[PDB]
Visitor: 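The following entry includes lesinurad; I'd like to go through it with you.
FYI, the numbering just counts along the sequence from 1. Reckoned from all heavy atoms, side chains included, excluding hydrogens, waters and symmetry mates. Order of listing sets the numbers, starting from 1, for every ligand and every atom in it.
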Amino acid sequence: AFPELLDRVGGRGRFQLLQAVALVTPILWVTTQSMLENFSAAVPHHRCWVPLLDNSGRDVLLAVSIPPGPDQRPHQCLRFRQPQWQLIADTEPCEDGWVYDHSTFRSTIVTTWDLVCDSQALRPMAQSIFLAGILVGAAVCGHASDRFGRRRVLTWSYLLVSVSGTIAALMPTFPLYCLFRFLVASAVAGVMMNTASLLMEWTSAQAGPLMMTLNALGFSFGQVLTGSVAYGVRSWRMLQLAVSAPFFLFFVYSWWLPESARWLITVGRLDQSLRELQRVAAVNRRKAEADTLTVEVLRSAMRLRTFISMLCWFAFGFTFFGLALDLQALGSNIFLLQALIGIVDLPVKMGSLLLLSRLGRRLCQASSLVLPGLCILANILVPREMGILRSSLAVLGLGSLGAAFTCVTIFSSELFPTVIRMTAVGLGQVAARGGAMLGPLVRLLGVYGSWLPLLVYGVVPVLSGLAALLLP
Ligand SMILES: O=C(O)CSc1nnc(Br)n1-c1ccc(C2CC2)c2ccccc12
């Protein structure tokens, strides 16, 4: 009887739009917390400290103390025991600290904790930890909202994000920074899950698509904000503070939004449900049918396809969250990137969807994985002088993976007995959040050659997409 009550109280109108506006400004700043590791953990050019240079012909002094490296650069991990003045065999690891290049970034976490050379694996692990935190928090919060309400959990998760972010920028050692970020990730996962549930709960008939696409396009405008606030704030201790502070301001105003009116009925909190419904009626201005509500009415109210879908989400997480958290290897000008991604994404997603869906439902699913995977794979062959070509195939490569998110959120999930779709979209997101933890771990394989990470990162989407043609 709840849909009839919702029709009696509103639908579309004013409040159902104010609520949407009030819970999407925070989803731009959840994508400034996830992809900040391209600007707060960026490896600059690091050389070895020398007593000759850098105080107790600059070019000759640099050439005599540091042996030449393989990639046409001074060595980043070794120095000469004694100035080899024979240069008009014996090398010792750096023992006086590195010297970094401060020309685009002032202080990253790499600069402050020396996560270079031998201690290199720790950098692709500080992201897998965060994704594991998101995975854990998206599973714990599921069993903590059906008993504590759907609005209180969001309000407290805002405060948790704010406090954990404001604390994580003031730690003196790596292990604690790898734990407070875990807490931030769990709270962020809770925020996203509850925002989606609240967005759908209050809306009927006009929500099947529109509502769950508004969360996914808040991410695309969020990237453009990461680029901008990093063009501006350049340090790393003043970036986490500036990103985590707005969540406290969101927490204060989050005390006025009404709670879900469908959860209040199944628990017996009829009186407050009535208060919430009448309050919503006044904002919606449809104060004509609301006189009907007199407690009693609310008292009466109180396999192959499945496997194909999971593989598709796994491939989005593995490839996107591994190749996008190192946009320093897909080209240059990191600030210009992370902003063209969303601007490409929205026109690309809309235009690709409109044209391809007319071919068929399976064709759109197939062409949204093989195309970006092949675009990424065809990036190795390009020589490192057509930057427009190497960067363009990267921008368009990563942007087109963002249309797989949409073409498997609404257009798909019908490939089942078709009762209701909130059965398997949930199980799909478990895979995508678990392929992201098994994500940047592939980037640990930069040794044994450097082409292999990109090769795997392009092959996996291609095989996953080509397996979708085997539906029967
Ligand atoms: O929880 C989920 O949404 C399922 S996978 C996941 N886990 N953490 C995050 Br953030 N994401 C994310 C899932 C999907 C997107 C699509 C391209 C627009 C994201 C874009 C930017 C940052 C994170 C994203």
Visitor: Just need the ligand numbers or chain letters for lesinurad, all copies if there are several.
Guide: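 It sits at ligand 1.
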Visitor: Quick check: main partner chain of lesinurad by heavy-atom contacts, named as in UniProt?
Guide: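 The main partner is Solute carrier family 22 member 12.
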Visitor: Which transmembrane segments of chain A (UniProt, counted from the N terminus) have a heavy atom under 4.0 Å from lesinurad?
Guide: 1, 2, 4, 5, 7, 10, 11
Visitor: Tell me the organism the entry assigns to chain A.
Guide: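 By the entry, the source is Rattus norvegicus.
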